[PDB]
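Contents of the following structure include bortezomib (bound form).
Chain letters run alphabetically, one per sequence line, in listed order. For chain A, we keep the numbers from the PDB entry: what you see runs 6-235, in order. Chain B uses the PDB entry numbers throughout; the residues present, in order, are 55-283. When a ligand or atom number is given, it counts from 1 through the structure's own listing order. Partial entry shown, contacts counted within. Recorded method for this deposit: electron microscopy, 3.2 Å.
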Amino acid sequence: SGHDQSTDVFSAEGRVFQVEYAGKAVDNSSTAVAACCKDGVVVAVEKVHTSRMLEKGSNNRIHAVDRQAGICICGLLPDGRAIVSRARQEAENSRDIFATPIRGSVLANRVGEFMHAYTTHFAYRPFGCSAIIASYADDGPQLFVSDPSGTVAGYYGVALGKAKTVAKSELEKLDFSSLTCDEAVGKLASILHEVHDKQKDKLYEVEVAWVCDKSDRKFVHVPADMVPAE
Amino acid sequence: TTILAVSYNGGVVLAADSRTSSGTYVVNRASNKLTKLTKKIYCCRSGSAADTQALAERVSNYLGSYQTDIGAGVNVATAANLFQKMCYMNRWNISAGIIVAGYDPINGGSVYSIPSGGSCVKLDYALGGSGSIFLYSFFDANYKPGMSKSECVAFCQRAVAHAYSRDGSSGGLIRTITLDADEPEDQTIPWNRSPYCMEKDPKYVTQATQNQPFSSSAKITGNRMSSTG
Ligand SMILES: *[B]([O])([O])[C]([C][C]([C])[C])[N]C(=O)[C]([C]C1=[C][C]=[C][C]=[C]1)[N]C(=O)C1=[C]N=[C][C]=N1
């Protein structure tokens, strides 16, 4: 009825549907995965190209927020670019005012309050996006996920997207304590080529990015020849 | 006002006098120019007594609101960029020389000198105030880096005592505090137990022979202390 038309309406049992309807925009989106590898964090996503003529590098869902942190989004691409352009502004404030790099748990708590502030007012709609904050600050390697409700949580590994239930069981076979960033790019990319089917889309490729001690604590994308072929 | 902060291996030693003076009259002879920002980060405080007090408790509220949201300790470089931001966008309206020194577990002991112009310079030792111009040639000769905690306390107390002996603006007590990995230890030595004073300096005992007796020769024989002889 009229109990699911905006954000400032609790249900008869205390639920907000426009937040929960925005969570179905992430569950119908492409598959995301991540891993914390005891000296860094590796994040991989699958770009579903809708045409053969797209340039390699188009629609990259991984964006660098600071030198040590970067947010990969899962859900709607243009809604997540408002989260990226906000968390960059949160990370520029700590460098310019407090003369310090932003911590991993503090950048994620600023993302979860920007995403929550658009779920409490009638004129605004929640994001169709789950943001994955991968950071390496002076509190170690961090891996956070902010859902459209504004809930942040530290993870060791995460699967998000359509086949987030099959890819979650494929993460339970990894270690995360002896796991390094050297092997996990080959492992996490091999999750995506097994969890995802080619009988719906013909064009699908993977985009991996890390931040670890080997890359001098810098959030970078891959050199193109480290990813497995298929 | 004579303020200074000197680094040793563990942490820093803050040192200051105690006198606010309205031009020529001692309004307060027991001032406290060592202002607490957080538990391990203080600042020395020179210049205008009102303009630097309003900055010191505006930074200390941004800095404690930061510490609660972070959930960890505050770096000294964080506190020294909140004075530089405020002393630069108010530099035509305030009179503020600030020396920020403290301790953090990442960088150890840090000393930042923020002059009246609003710049920020990270140092080994800093000087400030109107009485600091006496202490440059005193630290060029008598200061060797790498002292212990007990040696930096007795040096900075001996450093301030040479400063307010010549300076008219400075004087009173000597308030020192050390900021390192232990608890912050403060110490206030008075004037009458100061390590230096010109009144008990044994080379200023002889009066300068100004008031010569009326005599027959050019032989200078000291002052005239009596009406008869
Ligand atoms: B020290 O003498 O510079 C002191 C530092 C202050 C931050 C505690 N300042 C003062 O003594 C000032 C006068 C002054 C002297 C020399 C340079 C700059 C300023 N005192 C006052 O501002 C004052 C005067 N009357 C009443 C209250 N406060």
**OP:** Please name the chain that forms the largest contact set with bortezomib (bound form, ligand 1), as given in the PDB entry.
**Re:** Proteasome subunit beta
Original post:
Other chains near bortezomib (bound form, ligand 1) with a heavy-atom separation under 4.0 Å: which ones?
Top reply: B
Subject >> 4.0 Å heavy-atom contacts with bortezomib (bound form, ligand 1) >> reply: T55(B), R73(B), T74(B), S75(B), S76(B), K87(B), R99(B), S100(B), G101(B), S102(B), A103(B), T106(B)
Subject >> Residue and atom, covalent to bortezomib (bound form, ligand 1) >> reply: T55(B) OG1
